[PDB]
Amino acid sequence: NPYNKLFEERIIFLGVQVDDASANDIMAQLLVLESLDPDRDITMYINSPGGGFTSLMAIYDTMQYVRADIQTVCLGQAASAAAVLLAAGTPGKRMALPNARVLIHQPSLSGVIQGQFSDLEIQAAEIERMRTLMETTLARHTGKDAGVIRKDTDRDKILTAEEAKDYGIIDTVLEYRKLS
Amino acid sequence: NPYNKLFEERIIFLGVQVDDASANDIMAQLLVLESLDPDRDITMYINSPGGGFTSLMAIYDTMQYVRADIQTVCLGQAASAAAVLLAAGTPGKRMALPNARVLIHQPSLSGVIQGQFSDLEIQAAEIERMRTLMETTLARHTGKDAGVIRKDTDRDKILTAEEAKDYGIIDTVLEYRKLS
Amino acid sequence: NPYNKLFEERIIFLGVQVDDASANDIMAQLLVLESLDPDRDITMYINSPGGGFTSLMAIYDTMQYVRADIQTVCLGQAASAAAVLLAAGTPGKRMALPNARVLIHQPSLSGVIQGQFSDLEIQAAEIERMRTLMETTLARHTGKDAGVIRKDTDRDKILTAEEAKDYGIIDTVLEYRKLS
Amino acid sequence: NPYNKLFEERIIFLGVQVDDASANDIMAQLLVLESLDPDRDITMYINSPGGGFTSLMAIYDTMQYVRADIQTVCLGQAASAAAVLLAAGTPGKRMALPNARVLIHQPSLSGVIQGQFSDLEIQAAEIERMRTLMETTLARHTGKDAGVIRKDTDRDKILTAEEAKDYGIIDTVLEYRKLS
Amino acid sequence: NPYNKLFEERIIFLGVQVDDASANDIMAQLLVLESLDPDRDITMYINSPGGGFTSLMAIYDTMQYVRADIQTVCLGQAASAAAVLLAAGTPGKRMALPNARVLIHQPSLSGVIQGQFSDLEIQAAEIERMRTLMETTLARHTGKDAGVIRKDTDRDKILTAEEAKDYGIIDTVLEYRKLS
Amino acid sequence: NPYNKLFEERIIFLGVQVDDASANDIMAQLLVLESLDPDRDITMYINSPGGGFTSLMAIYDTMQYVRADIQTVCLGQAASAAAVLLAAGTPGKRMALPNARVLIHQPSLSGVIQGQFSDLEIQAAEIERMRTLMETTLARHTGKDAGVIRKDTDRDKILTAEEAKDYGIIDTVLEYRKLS
Amino acid sequence: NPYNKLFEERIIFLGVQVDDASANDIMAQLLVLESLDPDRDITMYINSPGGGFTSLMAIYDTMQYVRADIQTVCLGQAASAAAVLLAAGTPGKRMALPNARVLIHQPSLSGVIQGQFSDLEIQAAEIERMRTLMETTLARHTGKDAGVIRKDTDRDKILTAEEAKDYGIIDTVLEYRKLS
Amino acid sequence: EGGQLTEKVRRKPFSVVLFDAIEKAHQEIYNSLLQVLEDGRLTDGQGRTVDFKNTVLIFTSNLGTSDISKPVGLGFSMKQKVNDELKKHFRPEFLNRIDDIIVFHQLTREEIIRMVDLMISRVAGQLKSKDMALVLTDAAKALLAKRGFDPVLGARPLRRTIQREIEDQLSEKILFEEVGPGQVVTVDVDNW
Ligand SMILES: CC(C)C[C@H](NC(=O)[C@H](Cc1ccccc1)NC(=O)c1cnccn1)B(O)O
Ligand SMILES: CC(C)C[C@H](NC(=O)[C@H](Cc1ccccc1)NC(=O)c1cnccn1)B(O)O
Ligand SMILES: CC(C)C[C@H](NC(=O)[C@H](Cc1ccccc1)NC(=O)c1cnccn1)B(O)O
Ligand SMILES: CC(C)C[C@H](NC(=O)[C@H](Cc1ccccc1)NC(=O)c1cnccn1)B(O)O
Ligand SMILES: CC(C)C[C@H](NC(=O)[C@H](Cc1ccccc1)NC(=O)c1cnccn1)B(O)O
Ligand SMILES: CC(C)C[C@H](NC(=O)[C@H](Cc1ccccc1)NC(=O)c1cnccn1)B(O)O
Ligand SMILES: CC(C)C[C@H](NC(=O)[C@H](Cc1ccccc1)NC(=O)c1cnccn1)B(O)O
């Protein structure tokens, strides 16, 4: 079973939309591979369209918690929450495939949430500290000034893997091994 | 199977929306780990958006019933009922990841319930004693005056884990272990 | 598997909405635990929102049929039929967690049923003998006069576990084993 | 698994709405228990809301076909087709729990079926011989005159188990065995 | 498992609506029981509401193909295609339970199919040769003149099992065996 | 399991609507039976309503690719794609049951596809070369002139198995083998 | 199980719509077959309608990453992403069945995405670099000038396998092996 | 061979049988070992009464490796961890006939250097047979405790640490030909 043999070789496969249930699976997998061998590097494969900030920071804190280095590899897409998880790998071990896409953009409410203006001053203060935390996280891991990331994630910033390396999202664009 | 290996290492994973079926699973898991070793600490991982008051107080009473200490760890979110379950851990063992979110707010009727005004004076007296019980519970576990919590949970009070420690929801913000 | 280990330790877990399929599971479980050891007490955990009268009286008669004493424990909710099943435990063995809710109310048609007035005089005579049977059942098990219960279940009567003890629904509010 | 242990102890559990698929399961179970021991009594537990006439007469003929006596036990509800299956047990072995409900009523088209009047003279001749067959079946098993049952099943006739014994639907109201 | 023990005792259970997937299962079962013992009689239990003509003639040709005699037993219903499959058993081995219903009626388009009149002259020539083939099949197996069956299946012809014997659909109404 | 025992005796069962997933299963089955014994004849049972042209030509090319002869047997229906797959068997081994239906008709767009007229000149040139390829394929396997098939598949041409033999779709109408 | 025996013989079966979940399965399968034998050729069967560009470039980069040569075989359809994955095989090992269809067309937004014009200048710059990357990829693998492919994939360019060989999508049209 | 318990335990009724790594075995293996905890007798495949009557049977399982595997676990953060691993892995029919369950703890550094003292004195008797003398120092003994111990396997490869780190360099004496009447050698490798 190919997902088991990834996990037996210490590869957590993100794969899907980052929601609660996807975040719950990875934190279960980050801690088991922490307990199996805390000194051997966990690899995290990311092909996710992102989504979720509390699901982001659940995966983010757990992959920062564990003793093992997290090797983040972007496969075809790391958008929103997933590009932050892509930068969340340990320095020197953040990888991307050459035609992978890194999409960084400020947090967004999917759909309108109603309420009184006192309720909405708090839901707006929440997405503002969701925004600053997304930028403070992405500044620790890209080496930028977090106001630069606010200017850059003002809109959808699609990064090619070669220019996600220059941005600091990843550290290495993966070279091919076709023995041919 | 990573949820089995959490449960074999005495970790109950809340994970989903607190409803009846989620509450039914945890009380089944709180009592089995009570029967396996009542002197060894049950750990409860919380990534829940909350919901449900009778499902809250089903999980709450069961994790207060068992002989084992409950180590509550907030992963990315403890909104609504889940933040009460997060405070429901034993003192000194209430943990949160650094970018976890604690959201405390008064009980709310999801959707309108119709009825005569005599029916609605009782559904309002119910959510009032749902509100006082949410505040009396959260005052036993945070050390606040329960009128302070009424002022604080008047609206949605989002707590960062560092200021959920100051509020008394959790006792320790979890430090990272990456060998680094 | 935590529901198996409840059932191996003779704990029937009600958990969900009392309908036909939930009633069918419990009667299958009440009679197996009757056949495994008819002199050892079956424990029934109740976290149900109720519903169903023929599903109520299917569970009710079966837990009254079996040789084993039924220990009813209310977890977070015993509403409508489930509060009748909560009183249906043997005297001295009806328990509730301290923040469990007991909700007793007269039977109700969920949704309108159409028909001729001769058809509706019978559907109203049915819910009237559903009402008297709910009150005659709850008077055998609470020690009240069954006209008192008609006055009390005229509307939704929410009972806290300490005042479901005074009402006679339960016999013991469960004390904790961790003092927090 | 509690439904397996019912079936290993020769108890067919009706449980759900009598439709084709429910009728198909019971006839599969009536004939297997016929082949396992044709001289040992099959017990049929009935908690069904009824429905279906060809599904009724599929279950009815099969439980009349087999060499084994059918012990019909009404749990909380034996409505329509299920009350006919409840009377379909062998004489002396038709049981009901004390608060079980027996609901006998004439066959009915669920929803309108359209067609020409020649098509509808046949669909009405069908439900008329559905009606006479329901009354001829219920007269063989209750000892009534089949015109008495036509007068009685003119509307919905709810029978309590004590007055389903007097009607002839069941033969014994089950006494409780709580050793107390 | 009661459907396996039917099939191990060479009983194919039709049971459901004759569609493609139901026809595909029976032809898989008719040929396996042909290969297990081609000289031992396959029994076909029919409780079907019919439907499908190409699914009919898939089951029909396969149960006519195999070396084994097909014992068709009508349980509670054989309608449309299923009554043709009921007559499709070998002569002398076509059985019906006493309150089983046999419903023969001409083929019908479920729902309107649109098209040009040249398209509809062919869809009408198709259901006409569906109609003649249904009558030619049912005349080989009932011994009628196939114009008699056209007069009889002009509308829905419900046959009781005693008058499906007189019609030639079945050969024996099954007598009961309850030792009683 | 009757589909396994078909496949163990080298019988691929088409059965359902020819779509991608049905075509994917058969090509997986055509090549495994090619690898198990490439000199022993694969039998293909066809009860399909057709559909799909790229799914047709996926099954068609694979059953033409393999070393094994494909014995196509039409059960009750071979419409559209299925009838082309029915003719796709090896000559002398194309069989049909006597009341099987062969329906040949030109390719058709299920539902409207929108677009600019330059987009629609290509979707019409596609279904034109879908049409010529359906006729060129069906002329290699029926021995007709491919303009004759264009005249014949102008509308829905339903073939009885005896006149699908005369058309060249099949080579043998299967005679019955009931020992009778 | 025929998909297992494809994978045990190192055949990855694309089969379905290229989306995230289909891309996630193939990259799991491309790397396992890389780890089982990196010097033995992986075969990729393509019957896909395409879709997805980040799912394309996830499969594309992984099949370019692995040490094993990828033998791409088009079965009945290689449309959109699939046709790029079909050209993504190693030179000399790109195969197609004779009636397989290769459909190359520029990237397209399925459905409208809303937003401000600054948001839409970026979603249009994205599909423009999706378009150039689709053409730069398909020029490395077909030997064309990437402006020729822009002229050719301006609309839907359906290629027959014999003229997908001339286009450079595949290298060999597969000859049949039916011993005949 | 196999069925050799005749030549062992009814040859020696007073014996000690050690079952190393019993958690690796199959269930059916110790279903035949349920006899010898109840009765004290065993039926051989050649039909012998192999008495385990006076034999101290000792089973062995490193069912504990969690803390062993670094001071981290499966959580977000000893003796009873490996006790409930026996209950998880084995059948309670097998465990309760056993007299006492003995659990070992991680060795303190003061506990390891006494084992170093016991085992450096084992080779020291073979040195004064040739009138050589390893002049003992405690600085080298602390480094043997660091190198010859890990919390997965430790105090078993301590003796290979002695022969690789001491006895390799004491062969360098006669490589440069030091015999004499006796050479008072003192060795100390660098600090880690
Ligand atoms: C860049 C990081 C912060 C993640 C981004 N945030 C979001 O917009 C998503 C939006 C979303 C996704 C799925 C379901 C519900 C809501 N993350 C959130 O949960 C969210 C919620 N409120 C405000 C901001 N973000 B991205 O859009 O995923
Ligand atoms: C700490 C908790 C009590 C605060 C919040 N509670 C609620 O708003 C929840 C949300 C909810 C769930 C089901 C049905 C209706 C409403 N309130 C209740 O549990 C509830 C249930 N019935 C009546 C009144 N309130 B949160 O959503 O959990
Ligand atoms: C107190 C006992 C009698 C149970 C109560 N009676 C009922 O209204 C329930 C109906 C119900 C309620 C909620 C969800 C689903 C079904 N019991 C019945 O089946 C019922 C049916 N007809 C009339 C009255 N009650 B309670 O509302 O469940
Ligand atoms: C008392 C016995 C006869 C059972 C009763 N029979 C019925 O009313 C049932 C209800 C029903 C079920 C399915 C479809 C249409 C109608 N009657 C029938 O089975 C039925 C089916 N087709 C035509 C006419 N009546 B009861 O309502 O279940
Ligand atoms: C009596 C035998 C011939 C079968 C009877 N005939 C029918 O009414 C059935 C009902 C039906 C099923 C599927 C799709 C459309 C219509 N007629 C057909 O089999 C049928 C199928 N396709 C076209 C035309 N008629 B039965 O199914 O009612
Ligand atoms: C005999 C050969 C041509 C198969 C024929 N199939 C088609 O016409 C099918 C059309 C279809 C059928 C069912 C569901 C969806 C699409 N061929 C196609 O896949 C197709 C696809 N795009 C354009 C045109 N046809 B059959 O319907 O005649
Ligand atoms: C060759 C590659 C581009 C695959 C092509 N697939 C597409 O057209 C797909 C269809 C699609 C899906 C989701 C959202 C928007 C569009 N294109 C994309 O993957 C895509 C995704 N986001 C923006 C723009 N295009 B195929 O249809 O040509």
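Below, read A as the first sequence line, B as the second, and so on, with proteins coming before strands; counting in each chain starts at 1. Ligands are counted one by one from 1 in listed order, and the atoms in each one are counted from 1 as well. Method reported for this entry: electron microscopy, 2.2 Å. Partial entry shown, contacts counted within.
In this entry, more contacts with ligand 3 come from one chain than from any other, and UniProt calls that chain ATP-dependent Clp protease proteolytic subunit 2.
Choosing among parecoxib, tiotropium, bortezomib for ligand 3 gives bortezomib. Every other chain with a heavy atom under 4.0 Å from bortezomib (ligand 3) is listed here: C. Within 4.0 Å of bortezomib (ligand 3) on heavy-atom distance sit the residues C:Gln17, C:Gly50, C:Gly51, C:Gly52, C:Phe53, C:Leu56, C:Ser80, C:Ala81, C:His105, C:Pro107, C:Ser108, C:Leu109, C:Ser110, C:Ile127, C:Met130, C:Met134.
For C:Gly50, no nitrogen or oxygen atom sits less than 3.5 Å from a nitrogen or oxygen atom of bortezomib (ligand 3), counting backbone and side chain alike. At the shortest separation from atom 4 (C) of bortezomib (ligand 3) among protein heavy atoms lies C:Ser80 OG, 3.2 Å.
Protein heavy atom closest to atom 10 (C) of bortezomib (ligand 3), with residue, atom name and distance, is C:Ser108 O, 3.3 Å. Counting protein heavy atoms only, atom 14 (C) of bortezomib (ligand 3) is closest to C:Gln17 NE2, 3.4 Å.
Set against the non-hydrogen atoms of C:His105, the atoms of bortezomib (ligand 3) under 4.0 Å away are 1 (C), 26 (B), 27 (O). Considering backbone and side-chain atoms alike, C:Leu109 places every N or O at 3.5 Å or more from each N or O of bortezomib (ligand 3).
Atom 16 (C) of bortezomib (ligand 3) has as its closest protein heavy atom C:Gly52 N, 3.4 Å. In this structure, the protein non-hydrogen atom closest to atom 6 (N) of bortezomib (ligand 3) is C:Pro107 CA, 3.3 Å.
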